[PDB]
Student: 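Pasting in a structure now, in structure tokens, and then I'll have a few things to ask.
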Amino acid sequence: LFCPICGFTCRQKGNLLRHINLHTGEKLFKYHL
Amino acid sequence: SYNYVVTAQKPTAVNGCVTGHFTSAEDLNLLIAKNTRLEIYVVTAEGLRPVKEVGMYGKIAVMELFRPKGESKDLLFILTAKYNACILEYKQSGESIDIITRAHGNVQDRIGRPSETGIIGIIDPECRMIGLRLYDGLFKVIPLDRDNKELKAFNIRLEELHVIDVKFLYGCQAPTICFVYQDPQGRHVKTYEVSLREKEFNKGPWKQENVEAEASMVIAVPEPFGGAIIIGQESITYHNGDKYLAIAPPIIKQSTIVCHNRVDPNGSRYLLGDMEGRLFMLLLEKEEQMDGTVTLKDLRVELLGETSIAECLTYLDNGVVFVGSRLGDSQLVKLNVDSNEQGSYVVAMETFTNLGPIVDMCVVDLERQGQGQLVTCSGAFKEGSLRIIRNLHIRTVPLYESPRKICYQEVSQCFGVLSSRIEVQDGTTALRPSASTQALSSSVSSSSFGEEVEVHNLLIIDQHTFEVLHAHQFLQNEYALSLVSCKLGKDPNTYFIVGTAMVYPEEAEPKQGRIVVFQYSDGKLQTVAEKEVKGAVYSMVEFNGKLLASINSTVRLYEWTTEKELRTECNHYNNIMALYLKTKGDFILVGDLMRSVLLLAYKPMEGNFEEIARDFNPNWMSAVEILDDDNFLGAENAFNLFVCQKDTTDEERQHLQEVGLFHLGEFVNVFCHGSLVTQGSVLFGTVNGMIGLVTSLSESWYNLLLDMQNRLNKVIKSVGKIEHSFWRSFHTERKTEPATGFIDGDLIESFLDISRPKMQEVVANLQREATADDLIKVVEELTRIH
Amino acid sequence: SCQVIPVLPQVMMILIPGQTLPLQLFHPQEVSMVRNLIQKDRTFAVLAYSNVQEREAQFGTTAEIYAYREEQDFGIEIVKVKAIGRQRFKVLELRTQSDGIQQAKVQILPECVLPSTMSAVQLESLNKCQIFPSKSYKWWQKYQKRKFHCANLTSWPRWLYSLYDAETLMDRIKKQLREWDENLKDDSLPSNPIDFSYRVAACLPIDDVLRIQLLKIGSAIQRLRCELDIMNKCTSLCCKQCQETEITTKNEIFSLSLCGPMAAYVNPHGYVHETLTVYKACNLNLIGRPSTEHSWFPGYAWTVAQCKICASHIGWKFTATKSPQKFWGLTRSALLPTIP
Ligand SMILES: Nc1cccc2c1C(=O)N([C@H]1CCC(=O)NC1=O)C2=O
Ligand SMILES: [Zn+2]
Ligand SMILES: [Zn+2]
């Protein structure tokens, strides 16, 4: 489980969603992932 | 916006002088070219006798004389700083004198950058072509046939971009050009042959040569010698094909040689002047080859003497020399066959007043009759002085050091003058006696080998005798910027307040500075208060009993506490450097060098500044001033005046639109309120020495005078046929806009000179229909102000 | 003067002319856009978004593609490009095609080039000496004494006119840049004020709004003065979100390899990070374990770093097995300069 932006790593999901939501960007996933 | 501009004192700096038979083939003439003014004098035994004095619509820039074959007298070629070339002839019909215009044109290349070395103009000694260097890599040529009535020119593409100096060579079968150019290898002298039939260069008579690394002046020696002479600071070298003669005398090492002249027609003697005013004679010694030609044997240089800082040198017959100067009075020196006991051969016959440069000025009614006199800080280096101007009568007070600012204390009956003198580092040693070193009483502030430092002084000068009452020397490596005289707070004494910045060469922007407060009473100048600040105090104003200071990029307000110590009240970090600070009522005008005007207002109840308007238009300024609550007036680059007007939406209420432009044609150092004899009268000084005056007209008169101008421009004939609207168009070196909201005062005042027959056609159908008498009365009313 | 240019939407960064922008492209729309633009004029335009809503752009730069490549791995049309900013333009109107194609009508701004300060008051007699051999402290002290010799005629001193001169102002920036790279050859930088100012602006740690300010200053001298202002007065960097937690000071800024102190890099998923390399960092907690994977700097493993107050991602700590042993790379977006 990797953060697509910064490379943050986790073993579960909730931390991953929180970390991604913490990012202050446009999060254009559809144009990046 | 409506405004009126009148020149109360014609420019007096000398741009350049020429000698020749202009007025008549039988008498000698000397032509001086002050900024926009051309003065033709007839040389006589007693001295110059003025014969004509015309005013061109342009800065003279390049002036030369030439007598093409088939003419009796010498024609005069003038190329102005705006690139208006014109060939003129002098025509004296009976007792009436008038300069005819043989030809005129505008030799300007659309795409190009003006040469960083400056405009250069030269004429073939045989008068076959005129060579002009205006733009890097391009040499413009104007054939001098009788068919070029418009001065048609063609460009020859030079390969050596950086050309230091260039001349035509005497003695050749085709026009030859010799010039010193710099490339990465060094400085090289190179020669080309100009071909009109092919319109291009050809290999010169002798190849390029390497020269002194600074070789920066070229002199074309006439027959029988031929060839060229190259001058730097270190060596003087004569090149003529194979012949090469270099002499490196120690006497010229100290100062750069900046101007030159030919004394004898055969080139046996030359006059050279250097920056610090010394005058040398360069001698050429000749040998006659048996059954050959004359050749040069050796070069000698000897120091004739010391004159005013020489801008142009010309040799009037019978051993007279007219030393023109932009920094000091011009003069007529006399060259004797033997030196006076002091060891100098040069004595002074006559002196011509030169008010410029005017670095600061102030209006003061010394005698209290209600018509104030004017005091200006004129000149630089040893020429510095104070000029007292009254109704135009001028009086001089030399200082022998550069004055920078001035202010007037009515109660103390004295002038405060900031001054600067250069001292060598060999402790430091003074160069010559000065006003600051010869003061009746002196004080010193407390708190390499050949390098030249600047020592700064504050001088208290009595207003009647003009003797230096006191001289206060500032700290080492301190530069004084601002000088304001005022009484702060409820304090009843009057103070000389000085702003200074600590400048160390290793640094770039000064970090430390001081605001000092002096009190002049009982013949002593004692320091009352002193404030340390973290910056340079560029400008200072008396803001309603407080001290407004410009600490680097900051406007700070100091109140005067009862304990006599400046105390901060408010600050406003305004991004730009507040170099120019002006006040009126509650409004403060702040500006830096690159335009960027910014109008603030001091909110009394709150106690802090609030920005009211701003206008950022990158362009160099010289000075700014406030005409009234809503109109501000400044000087932009390329010798221009401009007016901004504070005003709907907020954006419209925070934009100082320009509502007037004008190409004054001079550098305006300082503006100051006051008149020497339309609401308001802002005088302004200039670098050339011209003093001008601006007033605020009413709409009706402004329309009337604009129409009268537009009418005059169709009657009055200008020298060289230069359209007035062209000379008054705004200018920024690649752009022009028509002048608006400015009535050229000289053109209007010239209405009086023209006679009745022209008067009638000027006044026809104007605006009851006006008549010549009514316009004469109106123009008299306008003339009254200056 | 006026033109119409297309805009790729995924690129969110204020590009400065002369700066090299690398990108990865994934979604079909931009793939078609780039394949259509490559054959045509390479006039990629990047808008400086004043509002983070992606619908308010006033100034931008016409980027130019100079490198193109395709990698059809992963079964899909990944394409990698490298462009460079060329000119600055003003947003006249946003005529979106409604397909996501943000077509912008704009105008190309000029560069107001002023003449030398002492070109009006110049003494014509000594004007020949204005040319002088080019070649240090004594040399600069002579340059100032020769070029502004006519400052006597005006009310300001030479050192005040030396604060607005292009060359003397270039030299100070050169010194303060060499203090950062320690291998910056004099000839690497450009030689004229426009290019020099644009290149310097691309290496400072300016966050977002002090770039749109620099990007909208037309006069080259103004840009040089503002850049030197930023470089001198501001010496500390803090977390953008916290705005009050210091991470580093300018003196720790350390360039690596051939690129300047700060350089643009692309992560595996196409995001763009303007990484700034530093010797030391503080207030950061590390997560993960040193793993090489797609390490930007060869031979160095990385661990993710985030400030210990708001946990926002700030950068990575790079280490290697062997010079320097440990250093840090901080993304420029997360950093906010502050006056000490
Ligand atoms: N393997 C992943 C996986 C997800 C996100 C990232 C990386 C990764 O390597 N980087 C950075 C950090 C490490 C580095 O220097 N290069 C990168 O692309 C990421 O953002
Ligand atoms: Zn992340
Ligand atoms: Zn944080």
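The first sequence line is chain A, the next is chain B, and the lettering continues from there. Numbering, chain A: per the PDB entry, residues 17-49 in sequence. Numbers in chain B come straight from the PDB entry, and the residues shown are 2-392, 710-744, 748-768, 781-980, 984-1013, 1024-1113, 1122-1140, in order. Just so it is clear, chain C uses the PDB entry numbers, and the residues here are 77-211, 220-406, 410-427, in order. As a basis for the values below, the full set of heavy atoms in this structure was taken, side chains included, without hydrogen atoms, waters or symmetry mates. When a ligand or atom number is given, it counts from 1 through the structure's own listing order.
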Student: I keep forgetting: which drug shows up at ligand 1?
Tutor: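 The drug is S-pomalidomide.
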Student: List the chief contact partner of S-pomalidomide in this entry, with the name from UniProt.
Tutor: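 With more contacts than any other chain, that's Protein cereblon.
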Student: With a 4.0 Å cut-off on heavy-atom distances, which other chains neighbour S-pomalidomide?
Tutor: A, C
Student: I'm curious which residues sit within 4.0 Å of S-pomalidomide, going by heavy atoms - can you tell me?
Tutor: A:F18, A:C19, A:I21, A:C22, A:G23, C:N351, C:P352, C:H353, C:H378, C:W380, C:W386, C:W400, C:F402
Student: Would you happen to know the UniProt domain of chain C where most contacts with S-pomalidomide sit?
Tutor: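 The answer is the UniProt domain cult.
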Student: I'm comparing S-pomalidomide with the native (S)-thalidomide site: which UniProt-listed binding residues in chain C have a heavy atom within 4.0 Å of it?
Tutor: C:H378, C:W380, C:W386
Student: Name given in the entry to chain A?
Tutor: Maltose/maltodextrin-binding periplasmic protein,SD40
